[PDB]
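Drug on board: Taxol.
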Amino acid sequence: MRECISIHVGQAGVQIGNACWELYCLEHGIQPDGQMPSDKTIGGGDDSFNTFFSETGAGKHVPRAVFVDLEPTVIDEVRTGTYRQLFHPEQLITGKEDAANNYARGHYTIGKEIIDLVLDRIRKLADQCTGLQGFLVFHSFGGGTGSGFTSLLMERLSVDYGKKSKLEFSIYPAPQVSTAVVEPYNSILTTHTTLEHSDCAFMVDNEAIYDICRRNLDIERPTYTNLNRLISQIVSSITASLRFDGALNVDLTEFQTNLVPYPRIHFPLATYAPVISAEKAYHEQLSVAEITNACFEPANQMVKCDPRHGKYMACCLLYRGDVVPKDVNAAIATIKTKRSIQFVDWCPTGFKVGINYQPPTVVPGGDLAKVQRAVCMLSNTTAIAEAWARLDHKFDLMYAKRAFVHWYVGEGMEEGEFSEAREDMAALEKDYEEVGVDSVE
Amino acid sequence: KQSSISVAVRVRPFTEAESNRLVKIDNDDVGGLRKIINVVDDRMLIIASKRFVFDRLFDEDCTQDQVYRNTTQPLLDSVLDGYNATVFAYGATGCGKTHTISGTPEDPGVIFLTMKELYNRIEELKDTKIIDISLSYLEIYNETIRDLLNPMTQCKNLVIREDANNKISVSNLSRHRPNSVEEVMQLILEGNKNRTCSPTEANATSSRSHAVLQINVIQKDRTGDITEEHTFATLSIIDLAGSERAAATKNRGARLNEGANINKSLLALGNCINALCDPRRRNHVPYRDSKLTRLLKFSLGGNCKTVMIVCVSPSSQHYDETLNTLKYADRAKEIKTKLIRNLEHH
Amino acid sequence: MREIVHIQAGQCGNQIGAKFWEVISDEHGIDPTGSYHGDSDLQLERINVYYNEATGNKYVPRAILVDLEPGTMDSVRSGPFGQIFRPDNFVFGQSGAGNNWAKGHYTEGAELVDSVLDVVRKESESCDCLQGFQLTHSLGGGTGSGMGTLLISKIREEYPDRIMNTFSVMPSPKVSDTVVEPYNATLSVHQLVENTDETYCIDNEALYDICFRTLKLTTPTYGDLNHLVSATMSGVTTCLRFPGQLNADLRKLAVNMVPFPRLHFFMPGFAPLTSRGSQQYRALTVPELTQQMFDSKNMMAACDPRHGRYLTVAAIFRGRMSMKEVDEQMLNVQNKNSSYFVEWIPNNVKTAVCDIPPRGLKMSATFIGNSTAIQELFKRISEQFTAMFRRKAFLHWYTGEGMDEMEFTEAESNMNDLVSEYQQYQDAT
Ligand SMILES: CC(=O)O[C@H]1C(=O)[C@@]2(C)[C@H]([C@H](OC(=O)c3ccccc3)[C@]3(O)C[C@H](OC(=O)[C@H](O)[C@@H](NC(=O)c4ccccc4)c4ccccc4)C(C)=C1C3(C)C)[C@]1(OC(C)=O)CO[C@@H]1C[C@@H]2O
Ligand SMILES: Nc1nc2c(ncn2[C@@H]2O[C@H](COP(=O)(O)OP(=O)(O)OP(=O)(O)O)[C@@H](O)[C@H]2O)c(=O)[nH]1
Ligand SMILES: Nc1ncnc2c1ncn2[C@@H]1O[C@H](COP(=O)(O)OP(=O)(O)NP(=O)(O)O)[C@@H](O)[C@H]1O
Ligand SMILES: Nc1nc2c(ncn2[C@@H]2O[C@H](COP(=O)(O)OP(=O)(O)O)[C@@H](O)[C@H]2O)c(=O)[nH]1
Ligand SMILES: [Mg+2]
Ligand SMILES: [Mg+2]
């Protein structure tokens with residue numbers, strides 16, 4: 001009854017979804033074949049909950065997911081890999097040619113040839129569910145598909161569904177690190193097109209996770225598998241309130257009424273405190289106060305920003321494991337009196353608390369340690385206004401000389417659409433300066 | 001010896017479909033949406049939140065005579081007295097660029113009126129000096145030049161070339177020498193008939209190729225003068241295609257390729273105008289990005305002056321590309337040009 | 001189902017293509033007979049990109065050979081890998097080009113390109129989805145410089161929205177081989193600038209220097225040069241037929257490397273390259289590979305990068321490696337050498353990674369660059385052209401076949417315009 005559909009777009013989306021569904025299968029006892037021998041231990045078990053999996057009469061558990069990608073290189077690896085029997089064989093491929101880091105091809109030219117299948121599968125999955133609580137769309141700014149196809153699909157879903165929640169998980173471009181020359185253009189066009197369709201778009205930066213892996217986990221040569229595992233842990237911490245039971249369960253629909261004050265400002269940061277390897281799992285207490293303090297440190301942020309250069313607007317702390325409300329209240333009281341962690345003058349409450357009794361899982365062959373308790377912080381703050389501005393500085397430098405523009409106009413776009421995508425973003429920046437000034441009377 | 005580039009603006013009247021909704025729905029408050037442009041005077045201009053200045057603007061109720069008298073006289077007078085001058089249209093789909101520059105047999109455009117006045121001036125000056133004319137008419141489509149007067153020639157043979165003097169000259173171009181206004185009307189009508197267009201859409205008058213008409217005027221003495229008064233000159237009328245967004249056309253076939261090439265050519269023209277306007281980008285102006293800007297090498301800033309007629313719409317849906325046209329017009333107004341006399345035979 | 005159609009024009013193109021198919025067959029595990037004796041499944045999952053399947057588990061290359069003299073075709077047929085090619089695409093004439101661009105583009109090439117286009121259509125219509133074409137030719141001779149350009153123009157007319165590539169062996173600065181190199185080079189560039197999308201410039205002297213200094217080879221034959229070219233030719237598509245963390249196709253590299261349509265001339269390179277007696281004294285890691293790649297001594301074109309600035313650079317890695325290492329190393333290279341990079345492009349590097357390295361190495365990396373220094377090469381021709389055109393040294397052989405001086409003037413003007421275009425962005429801000 002608490003179900004929610006997941007969609008993944010592009011290479012980044014598919015590779016994050018691999019880790020996400022590996023984690024879900026590990027947590028709920030489902031094997032890669034889709035079976036569930038956990039019923040042997042307890043008769044009539046419900047470990048493979050109906051939130052993320054659909055059960056057939058034969059004992060299988062097919063996942064609720066729609067993997068879509070233009071190029072046939074990542075989905076084929078899933079069809080050949082070890083999870084080939086888990087997913088429904090309707091993993092959608094255009095199978096012809098990639099978007100080539102072009103927003104126009106992902107939106108106008110090639111995206112229009114495959115969107116109908118996506119909508120049909122989403123309709124079937126929605127009709128299977130009794131009442132779905134929202135959509136979880138995984139993508140990444142900078143890629144052609146991740147921008148264009150995500151924007152097109154969100155537009156069509158808002159036309160079709162509307163009031164249903166639509167949350168995002170996006171890999172924002174880093175200020176210095178990058179792997180694409182035309183990435184600022186795609187990011188700017190995406191934020192223009194997908195500002196009035198989403199409801200809460202979480203952001204993640206690759207450079208921040210690299211720094212976290214270097215400092216805490218002590219991995220000097222990480223790859224994308226570790227980043228995907230950390231993002232999987234974030235999403236599992238978010239969704240733990242639906243599958244299991246706890247003292248305070250935060251539903252998906254209650255995220256919005258506690259994190260977004262105004263409709264346009266819906267870009268919060270996400271952080272995971274107890275990132276510790278098995279070697280340093282010892283010599284540490286890992287109490288509620290310690291993890292709560294670690295969540296607010298600049299060094300443990302998963303998005304490259306300095307919260308000290310801005311004011312926190314809202315915070316939502318989702319705990320897991322052995323946690324008592326008194327310890328959480330003590331941690332919040334300790335945090336509030338600190339003068340470095342500022343808050344807006346129009347939010348005396350500030351924090352939302354959620355507690356769940358299921359501890360975090362551990363994937364074999366990973367690097368995260370087994371911890372009794374964990375916490376995930378989702379914070380809406382004004383530091384993000386810096387991260388936009390840098391990207392805007394990368395836009396105006398290139399658009400001034402009209403560089404890399406002939407591809408976009410040659411694949412069905414007008415130059416003016418660029419300028420709008422700047423101006424709207426500028427307005428958003430102004431909003432983040434209009435909601436930081438202290439009130440007067 | 002230098003001249004000044006010229007810019008003018010025109011706006012169409014509401015169509016029947018939008019005007020009907022305007023009278024029904026939005027008239028009560030005062031889709032038939034509100035008037036964004038709201039022209040404030042003859043020279044300046046206002047938009048929803050800003051203000052600009054262009055030369056000799058026109059309202060939706062303006063007449064052909066007013067625009068002809070306000071844009072063409074310097075070009076006509078210069079071209080007849082040697083020199084060089086041109087005119088070219090700009091804007092987006094549905095802004096009426098093919099109506100003002102060409103017109104209909106009952107609503108004639110700038111071409112008919114300016115060439116008829118040239119013929120009348122030739123008749124008037126016949127007692128003084130003899131004048132002859134030559135004509136050519138071509139289109140640019142999908143990065144290919146096509147001749148609208150000799151369609152049998154293939155696009156393979158049509159190619160632009162230049163010598164050490166850097167003078168543009170098209171090969172195998174059909175240069176036609178007329179004798180009367182009826183003949184040139186026949187040529188113009190046949191060329192417009194053979195123009196590439198999209199009759200699939202409801203607006204079958206939609207042009208999907210850049211049309212270029214070139215008229216050369218030459219002079220010669222009457223009675224007994226010995227190798228005097230040659231004084232050739234060139235004039236060109238250019239009709240560009242629109243920059244319709246792909247969002248406005250869900251169905252996409254060969255029209256996709258046509259629109260892509262049209263937008264690439266328009267972007268090349270915009271880059272050329274921006275390069276010319278900027279002081280320190282004068283080291284090189286990218287004329288070679290498309291055939292269109294290559295053919296207008298001398299027209300832009302080489303040895304000639306031109307009139308940029310930008311066409312807009314009053315519908316509220318048409319906002320962003322109208323602003324793009326306004327910005328590009330502003331920089332097109334800031335480019336200079338030189339002007340020199342013609343060769344004399346001896 | 002992305003696939004590529006290969007064409008080979010002239011002696012240089014034919015030899016490079018022969019070595020290229022020799023390399024690719026070993027990469028995918030195919031014999032001279034055309035059967036399969038690989039070991040891994042990944043070699044057959046994307047075999048359709050280059051090869052075409054046949055009856056008895058056989059595989060025929062999708063290559064089209066063309067040259068006006070039959071000697072090179074007989075040499076290739078007598079070679080070891082001559083049987084895999086289908087006999088029906090061995091299109092040839094009888095009268096050679098004679099190192100004359102007019103004979104290859106106007107007189108004799110026109111009498112043979114129809115068959116080539118028929119073969120190209122036959123190969124292309126069998127495709128489920130076509131990514132683009134790729135051609136190998138030399139810009140000094142007559143067959144290459146004429147027929148390759150004519151075929152490129154006609155294919156672009158028939159297939160406008162597909163990628164066209166060229167691996168052109170540009171004329172040498174010092175040691176030439178034909179007296180009429182400048183005319184052929186200028187007339188071929190006049191078409192390449194208009195038609196192609198990725199022109200990979202290569203120079204013989206750079207290959208000789210690489211062979212003498214890096215590889216420490218005493219007697220580098222043409223086979224070694226063809227090997228060096230084939231290494232890069234089989235690296236710009238590794239992500240298009242193997243899995244990887246961050247994939248990349250020909251169009252993705254085209255978009256991230258061509259800021260303006262006329263700037264599509266690229267300098268390639270390959271790493272690791274070491275002597276056979278010095279591989280036990282080196283640690284094969286990402287920093288060593290990037291140091292070897294970005295060094296001017298490893299470039300495959302004579303033009304020095306340090307005489308200009310990089311507009312856009314691309315790096316295709318092959319093997320298992322950390323993305324943090326790659327990102328950190330490219331950022332460090334950009335920061336340290338900021339004088340050699342363009343300001344108005346914030347990030348100049350486009351990285352791609354593939355998980356399957358070559359047969360006998362644990363790591364490899366193909367470098368591509370778009371440098372303003374390439375203008376120098378054109379400038380050299382623009383001198384060697386005019387010194388011969390100001391006196392009409394060897395011009396009657398060209399006018400006797402149909403051409404006129406207008407073509408020569410137009411080609412010179414286009415080359416000078418390209419040089420000025422590069423010089424504009426070299427010193428802009
Ligand atoms: C133990 C070891 O490292 O063996 C190497 C080797 O010793 C060195 C010296 C090899 C060797 O290469 C040369 O000596 C050479 C000669 C002329 C031109 C170019 C190279 C090698 O011949 C080259 C050969 O390379 C390959 O097999 C690659 O897969 C290559 N394919 C072919 O060379 C090939 C040629 C004919 C038929 C089938 C395959 C390749 C490269 C790029 C992309 C695809 C394939 C290998 C493993 C070696 C030897 C054998 C000594 C080097 O070559 C390459 C391309 O890897 C030169 O320095 C590199 C790396 C090594 O240090
Ligand atoms: N966190 C994370 N980010 C990734 C991963 N793979 C790619 N990215 C990011 O994605 C960005 C570029 O988009 P890609 O994922 O490579 O490809 P895409 O988004 O699907 O766009 P296309 O090229 O059209 O397919 C890069 O800047 C990467 O930072 C991944 O496995 N994990
Ligand atoms: N000022 C005007 N008054 C009345 N009717 C007009 C006016 N301008 C244009 N029209 C008519 O409106 C219709 C659409 O304009 P049209 O001239 O087709 O624009 P266009 O420039 O041809 N579009 P494009 O094909 O993209 O260039 C035409 O049939 C015109 O005759
Ligand atoms: N790399 C390489 N280059 C070659 C080879 N043979 C010739 N060339 C180059 O190609 C040029 C001659 O072109 P050629 O192949 O004779 O053209 P064609 O006669 O018209 O087919 C010379 O400048 C050489 O540098 C070869 O085997 N390998
Ligand atoms: Mg991709
Ligand atoms: Mg028109």
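First the proteins, then the strands, lettered A, B, ... as listed; each starts at 1. Just follow the structure's listing: the first ligand is 1, and inside any ligand the first atom is 1.
- Here, the model contains Taxol as ligand 1.
- The chain that Taxol (ligand 1) touches most here appears in the PDB entry under the name Tubulin beta-2B chain.
- Those other chains that come under 4.0 Å from Taxol (ligand 1), heavy atoms only, are C.
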